[PDB]
Protein chains: 2
Amino acid sequence: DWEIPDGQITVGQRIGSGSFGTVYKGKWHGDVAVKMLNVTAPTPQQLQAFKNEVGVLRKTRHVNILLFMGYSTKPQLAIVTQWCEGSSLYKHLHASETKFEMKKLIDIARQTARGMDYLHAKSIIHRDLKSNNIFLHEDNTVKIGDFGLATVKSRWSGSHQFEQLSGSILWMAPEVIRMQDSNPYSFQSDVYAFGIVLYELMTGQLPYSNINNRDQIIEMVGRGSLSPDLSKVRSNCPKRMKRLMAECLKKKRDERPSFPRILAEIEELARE
Amino acid sequence: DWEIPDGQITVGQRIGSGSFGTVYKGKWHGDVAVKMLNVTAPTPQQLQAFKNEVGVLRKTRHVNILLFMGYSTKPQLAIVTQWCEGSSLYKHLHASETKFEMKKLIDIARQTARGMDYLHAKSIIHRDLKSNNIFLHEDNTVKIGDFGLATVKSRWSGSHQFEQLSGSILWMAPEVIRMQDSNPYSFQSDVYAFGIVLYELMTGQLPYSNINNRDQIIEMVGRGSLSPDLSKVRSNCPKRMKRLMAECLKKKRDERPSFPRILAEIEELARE
Ligand SMILES: Cc1ccc2c(Nc3cccc(Cl)c3F)nccc2c1NC(=O)c1csc2c(N)ncnc12
Ligand SMILES: Cc1ccc2c(Nc3cccc(Cl)c3F)nccc2c1NC(=O)c1csc2c(N)ncnc12
Ligand SMILES: [Cl-]
Ligand SMILES: [Cl-]
Ligand SMILES: [Cl-]
Ligand SMILES: [Cl-]
Ligand SMILES: [Cl-]
Ligand SMILES: [Cl-]
Ligand SMILES: [Cl-]
Ligand SMILES: [Cl-]
Ligand SMILES: [Cl-]
Ligand SMILES: [Cl-]
Ligand SMILES: [Cl-]
């Protein structure tokens, strides 16, 4: 039982907000983050999606997954997690332009693969892996989460989500950008998104920087005539890492490796 | 369900061992610690004590409690946790004699109180809090655990445990050293042990260093004529902290504060 009784959490500064909820810093036996719906009486849909998220988080005990701590239903449906100081990998690579040594870049890839390997072993498909969803706790430890879910983006309704493409387009596998289905999401589309994260780590920049419109990326990635340019990778990038990236980014999902083998390859590369 | 199927954990280097089990470094979606019984067919007593420990750990989701990750029953009863690099607080204070600034000493006390406040809110009595059981993950983050349980020391049988006094005597409340009962252990004896940890932080040394025999400490602490000498505390120790220590170390257990108030006092002192 992880329900936190009403009145125990002290809700603090507002941290993030969108059409589907708000996240605050709070206090409950130390620092916590608290994500709640902006509404008063949830629709059955809103309640059930809340339960889906809690049921995913309740399955996770791993140092590279953000730690779920509890939930509450009075007065608002809220999810409580550990509070992490630091910032997303996206901020580090593309805003502060932190200068990570190659060793630390590989360490970040390795911790990300540990968390993703764990999630897939728990039959959890992430659906929105990207560098903004990889938090560097004290700029050292990877915490995978979905930092847009139920604030800026809605919770999942099948394979639909409001603001689905928002800040996510560059990480979407070809079969996800097309959605010739009712579920394109799989372990293999998580693997593709991880390949794009590897691209960010090894180039320091976002793919398709030269393309001038989103719909262009939509069309050409869904068509198979657009792919990350692996020649823009830094010179100190290990040969193994370029091979691995190319494997994760393959157009047909069944050709991509799985995270057990991804992780073992990165572990080998880290050993050097 | 947290049972890890057989064959998934790769058991590595032996880390610790005693009459009641062994702990190894291992691999399972990253680094783990794995504690198993040294035996083949456990007695009902051994099995049940294993279940007691798993049932305590399964109740904990807190950044200052060592993260339980799973257990297994084939081929040996094993408990799996995160792997922490670093060393115990005891090692830092009394072996490497690390020079912690007062701010970091207070931070360690504050994280310890967060974890203990959480445990007591979950109705978990620790029973063996001491600086060797406070792990400094990357020498920065407190992880409370019981690092002697089911290796050097046995699991709990009521209020009995083999090697109960081993390395623990200095942290035992008067009513625990006497055991005029079948259970002297309470939230309040945890609070006393925390006071002794505060003493180690503020003096840098172990209480009763001058006394030459264990049985002397037994007798005089059980009698009430022996107490930590708070005048040996460092000069930069805040007045609030000496007051708090004296409160936690009171002889009659009902006079000691509880961890919600302990934590709020340390949080205030940290703010300065
Ligand atoms: C409260 C809360 C609940 C669920 C989360 C969540 N749920 C989730 C959903 C699907 C898959 C996975 Cl793996 C998930 F973890 N993901 C990420 C963050 C989640 C979260 N916290 C924040 O939103 C947050 C913003 S800033 C910040 C900070 N500085 N420290 C700690 N938290 C935060
Ligand atoms: C495997 C395992 C299982 C249960 C533990 C346990 N159980 C427990 C019992 C009662 C109360 C509480 Cl709070 C508890 F956490 N406590 C502490 C450690 C526990 C543990 N790990 C070690 O023994 C360990 C030695 S070295 C090291 C390291 N470097 N990194 C991580 N682990 C270790
Ligand atoms: Cl607090
Ligand atoms: Cl759980
Ligand atoms: Cl590093
Ligand atoms: Cl929603
Ligand atoms: Cl969801
Ligand atoms: Cl919909
Ligand atoms: Cl690994
Ligand atoms: Cl500090
Ligand atoms: Cl035992
Ligand atoms: Cl036990
Ligand atoms: Cl016995």
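Chains: A, B, ... assigned top-down by sequence line. Per the PDB entry, chain A residues shown: 449-720, in order. Since chain B takes its numbers from the PDB entry, the residues it shows come out as 449-720. This deposition comes from X-ray crystallography, 2.0 Å. Ligands are counted one by one from 1 in listed order, and the atoms in each one are counted from 1 as well.
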I keep wondering what the drug at ligand 1 is called. belvarafenib
What macromolecule, as named in the PDB entry, provides the greatest number of contacts to belvarafenib (ligand 1) in this entry? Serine/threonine-protein kinase B-raf
Going by heavy atoms only, which other chains approach belvarafenib (ligand 1) to less than 4.0 Å? A
Before signing off on this row, confirm whether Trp531(A) and belvarafenib (ligand 1) have an N or O atom pair separated by under 3.5 Å. no
Please identify which atoms of belvarafenib (ligand 1) are closer than 4.0 Å to at least one heavy atom of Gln530(A). 30 (N), 31 (C), 32 (N)
Nearest non-hydrogen protein atom, atom 5 (C) of belvarafenib (ligand 1): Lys483(A) NZ, 3.7 Å
Hey, looking at atom 6 (C) of belvarafenib (ligand 1), which of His574(A), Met564(A), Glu501(A) has the closest heavy atom? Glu501(A)
Who's the nearest protein heavy-atom neighbour of atom 22 (C) of belvarafenib (ligand 1), and how far? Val471(A) CG1, 3.8 Å
If the cut-off is 4.0 Å to any non-hydrogen atom of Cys532(A), which atoms of belvarafenib (ligand 1) fall inside it? 28 (C), 29 (N), 30 (N), 31 (C)
Return the residue, atom name and 0.1 Å-rounded distance of the protein heavy atom closest to atom 2 (C) of belvarafenib (ligand 1). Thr529(A) CG2, 3.4 Å
Which residues from other chains neighbour belvarafenib (ligand 1) at a non-hydrogen distance under 4.0 Å? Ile463(A), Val471(A), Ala481(A), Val482(A), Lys483(A), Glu501(A), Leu505(A), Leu514(A), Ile527(A), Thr529(A), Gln530(A), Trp531(A), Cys532(A), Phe583(A), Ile592(A), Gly593(A), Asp594(A), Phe595(A), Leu597(A)
Find all protein N or O atoms under 3.5 angstrom from an N or O atom of belvarafenib (ligand 1) and list the pairs with distances, or write 'none'.
| unit_1 | atom_1 | unit_2 | atom_2 | d |
| --- | --- | --- | --- | --- |
| belvarafenib (ligand 1) | 7 (N) | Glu501(A) | OE2 | 2.9 |
| belvarafenib (ligand 1) | 16 (N) | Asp594(A) | N | 2.9 |
| belvarafenib (ligand 1) | 16 (N) | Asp594(A) | O | 3.2 |
| belvarafenib (ligand 1) | 29 (N) | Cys532(A) | O | 2.9 |
| belvarafenib (ligand 1) | 30 (N) | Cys532(A) | N | 3.0 |

